[PDB]
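Transthyretin bound by tafamidis.
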Protein chains: 4
Amino acid sequence: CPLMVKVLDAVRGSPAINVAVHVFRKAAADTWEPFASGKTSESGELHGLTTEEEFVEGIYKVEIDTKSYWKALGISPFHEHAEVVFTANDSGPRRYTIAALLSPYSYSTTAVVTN
Amino acid sequence: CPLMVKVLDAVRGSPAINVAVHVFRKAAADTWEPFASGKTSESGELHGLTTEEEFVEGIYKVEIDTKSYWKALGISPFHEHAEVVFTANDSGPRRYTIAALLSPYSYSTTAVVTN
Amino acid sequence: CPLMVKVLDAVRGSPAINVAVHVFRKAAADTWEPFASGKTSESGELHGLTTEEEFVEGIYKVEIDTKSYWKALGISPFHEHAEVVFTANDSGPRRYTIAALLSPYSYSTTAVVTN
Amino acid sequence: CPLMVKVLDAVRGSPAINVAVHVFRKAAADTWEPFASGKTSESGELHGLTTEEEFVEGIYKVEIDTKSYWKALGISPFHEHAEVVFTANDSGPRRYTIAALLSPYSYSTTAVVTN
Ligand SMILES: O=C(O)c1ccc2nc(-c3cc(Cl)cc(Cl)c3)oc2c1
Ligand SMILES: O=C(O)c1ccc2nc(-c3cc(Cl)cc(Cl)c3)oc2c1
């Protein structure tokens, strides 16, 4: 599990459940190719997006669909989504956790990178 | 204005208005002595807390009454208040802005220290 | 000034100065069209991006060049940039401030929308 | 495990290891009584602070010793510590995770409360 995404809700004080997440990888023709996608679990975690074989060096974009999350809770939020863009595996394979903390008009994100 | 406090609301996407803020200075007998206080303005700012002459080096605590702010909005909060504890150090001319971003179950704070 | 961007540095406790910021507007053919850009000031603010006449309703993307900012400080960063994507909605007179707080492996952003 | 504390480092992109944490509980004579303490593990988590029997209703303060954490890494930070103050178990037992994300001049905290 080299890429995991964890999403928390700062209004409710809970994991953000059923949040859609799309991962893209930058291609040779300077375009965002689809790479993996999933939804967060009851623990607000999304596991199994990729494998050590598939997750090669590259520039990745993790798009967290915060707007649909807030709209499903009957709230009109500010952002369309939260995007996290980074170079991965540049000095060999690493394990990445991308965490996001959400509020209707704000979000924070951090990365935990382990070898 | 050597010390200013700015408070933002992450739920409404606005300044946090009429928030009570209490500042204390640590005294030699390990006790917190009231130093300054006020309510944030319509811009979520609290100016005029102290003067350069009164704001000496030492340990200060800024306590933001977040619970009353959320209750006045009819929103259920987690924290009793938000406390920011720091040391004021004289090292050339310095202005301290303590900023806080509030959500019901979370808060963030940063210091903007400038000449 | 209907759109302002403010960027803070969580490592140095200061405004993030001379940060490049690019704003784009979403066009009918699902593409991002350049809209406005600039570099943050000594106060970490970028004023004068647009005018009330040019800033129509629509989806906007604010891309903050965080990687170049950290490299100029000799600090190793994680993100390629920070992107803030939102919808501008006309509902009475509104000013949008997009604020971001930067750290090498994390960032937070909030919207301050006022009359 | 009704009370857990998780601490992340936003500069390194890692768990914040060996962070001291002290928990206090407000007493009848309006004083902060010591309740539990520990240090975060290699995963930046602190488990086993208390038991469901001991963790009764009350106002608790979780003090995270961020200053000693940054000083042990050879960095001079802004805050003395990060304090999280909240009422616990007011409507019966709950499980609380207090998470904190640290930078030298800033911190964020959130709570995950589950039944
Ligand atoms: O000094 C001012 O005028 C000023 C303005 C905007 C500001 N936005 C913040 C802020 C933003 C985020 Cl995303 C997280 C945190 Cl902790 C703080 O602090 C500000 C200070
Ligand atoms: O409980 C866990 O396992 C777990 C994991 C990753 C986590 N990242 C956060 C986090 C992120 C931001 Cl951007 C701000 C703050 Cl305050 C916290 O909390 C986590 C908790």
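A, B, C, ... go to the sequence lines in the order they are written. Residues displayed in chain A correspond, in order, to the PDB entry positions 10-124. What you see of chain B is 10-124, where the numbers are those given in the PDB entry. In order, the residues displayed for chain C correspond to 10-124 in the PDB entry numbering, which applies throughout. Residue numbering for chain D follows the PDB entry, covering 10-124 in order. No hydrogens, no waters, no symmetry mates; every other heavy atom, side chains included, goes into these values. Counting convention: from 1, in listed order, for ligands and their atoms alike.
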What other chains contribute a heavy atom less than 4.0 Å from an atom of tafamidis (ligand 1)? B, C
Identify the binding-site residues of tafamidis (ligand 1) using a heavy-atom cut-off of 4.0 Å. B:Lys15, B:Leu17, B:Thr106, B:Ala108, B:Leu110, B:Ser117, B:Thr118, B:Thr119, C:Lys15, C:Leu17, C:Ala108, C:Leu110, C:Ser117, C:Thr118, C:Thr119
For atom 1 (O) of tafamidis (ligand 1), find the nearest protein heavy atom and state the residue, atom name and distance (0.1 Å precision). B:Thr106 CG2, 3.9 Å
Can you tell me which residues in chain C that UniProt annotates as binding L-thyroxine end up with a heavy atom closer than 4.0 Å to tafamidis (ligand 1)? C:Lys15, C:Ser117
Hey, which atoms in tafamidis (ligand 1) end up nearer than 4.0 Å to a heavy atom of C:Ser117? 13 (Cl)
Atom 7 (C) of tafamidis (ligand 1): nearest protein contact (heavy atom, Å): B:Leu17 CD1, 4.0 Å
Counting each atom of tafamidis (ligand 1) from 1 as listed, which ones have a heavy atom of B:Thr118 under 4.0 Å away? 16 (Cl)
Look at atom 17 (C) of tafamidis (ligand 1) and say which protein heavy atom is nearest, naming residue and atom and giving the distance to 0.1 Å. B:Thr119 CG2, 3.9 Å
Protein heavy atom at shortest distance from atom 12 (C) of tafamidis (ligand 1): C:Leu110 CB, 3.9 Å
Tafamidis (ligand 1) atoms in contact with C:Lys15 (distance to a heavy atom under 4.0 Å): 2 (C), 4 (C), 5 (C), 6 (C)
